[PDB]
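Opening notes on pentamidine bound to Transcriptional regulator qacR.
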Number of protein chains: 2
Amino acid sequence: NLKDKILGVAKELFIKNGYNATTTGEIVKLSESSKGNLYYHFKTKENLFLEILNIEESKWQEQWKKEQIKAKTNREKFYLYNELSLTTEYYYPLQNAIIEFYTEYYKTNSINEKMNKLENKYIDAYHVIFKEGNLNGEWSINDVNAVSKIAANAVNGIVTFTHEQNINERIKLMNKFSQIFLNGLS
Amino acid sequence: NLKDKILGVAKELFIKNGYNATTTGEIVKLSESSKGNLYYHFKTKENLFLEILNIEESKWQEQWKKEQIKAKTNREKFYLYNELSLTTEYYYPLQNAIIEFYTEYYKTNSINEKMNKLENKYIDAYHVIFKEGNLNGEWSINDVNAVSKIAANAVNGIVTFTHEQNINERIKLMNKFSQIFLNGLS
Ligand SMILES: N=C(N)c1ccc(OCCCCCOc2ccc(C(=N)N)cc2)cc1
């Protein structure tokens, strides 16, 4: 494909480099396509980027739904989601670029928007898990929205700022995290 | 001194223009030094920047030392340290140069080695708090190093990824997090 082949190349650079880093020049020279191409569906370069962010979040959320089945209690769904976060090839590998992207677009208002709409998906999984856990009586949270935001950010932190040491050590910490977090909910 | 003048000038340049655009040549002339002297003290821009980061960490340590007297118990020092981290990073001018530097060297090993000596210094704050907490029956944790790595990165995610919300909300969420987390340890 083409419209779907650019996405694929940019994704690679954005990760393999960063937002500021990788450039529309490089995107094109490693992919092969005129400039305008990136102008219809791809308004700006930050449009191509918010696009990739959309796919990835979709894909990771899809995979998680095709995987949460292995977890009976929501308590277990919480643990599972946090460990899978460490291994997916989706979304989380773009956190640095995103961090960077935000530190240079928070100055526009069209940014504090999309970058905040994508946040709804991001925290949704925890919302379902947490609200469902309330219905299922596993715990009793009155500020589900706050708790979901906190879990998602905390977890994205462990996933993102421990990205150097051994994966089993990480999975270990993440499980100890899920342990402590949930134990503090009640 | 000439060494400290290089550090001070570079720090300002990195803040005004960020990492990528700042050159050792700018640094040499503005501090009235030489490529040779700069080579002798730091070898490279990356190294120079890492040295700056260590000085910054010390300054941050010394500041924590004074501010933590506002907290009798370690339960308090925990709440206070997290809140501080969120508020001071909100207006820390080096954060962009730092974001630009990490997301651009978390691939190399030359650099990625030291970053961890540095990241470990930051995690120590938690280690001290938690150990002290044990010795005063505020809690009993048997995996101090571990809970410490977790608190550090979890807090870190909350500081880094919430960046699209009004400041009191973020402080509200950070404090809620400290409450939950400290609750799951008891
Ligand atoms: N001249 C001075 N007085 C001075 C100079 C530099 C300084 O350095 C501030 C660094 C601020 C950014 C603080 O960033 C974090 C992020 C996360 C955690 C955490 N997760 N614990 C802790 C700190 C402090 C004081």
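Note: chain IDs run A, B, ... matching the order in which the sequence lines appear. Shown for chain A, in order and in the PDB entry numbering: 2-187. Residue numbering for chain B follows the PDB entry, covering 2-187 in order. We count ligands from 1, going down the list as the structure has it; atoms in each ligand are counted the same way.
- Pentamidine, all copies counted: located at ligand 1.
- Other chains, heavy atom under 4.0 Å from pentamidine (ligand 1): B.
- The heavy-atom binding site of pentamidine (ligand 1) at 4.0 Å consists of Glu57(B), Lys60(B), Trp61(B), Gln64(B), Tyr82(B), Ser86(B), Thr89(B), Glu90(B), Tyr93(B), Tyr127(B), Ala153(B), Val156(B), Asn157(B).
- Source organism of chain B in the entry: Staphylococcus aureus.
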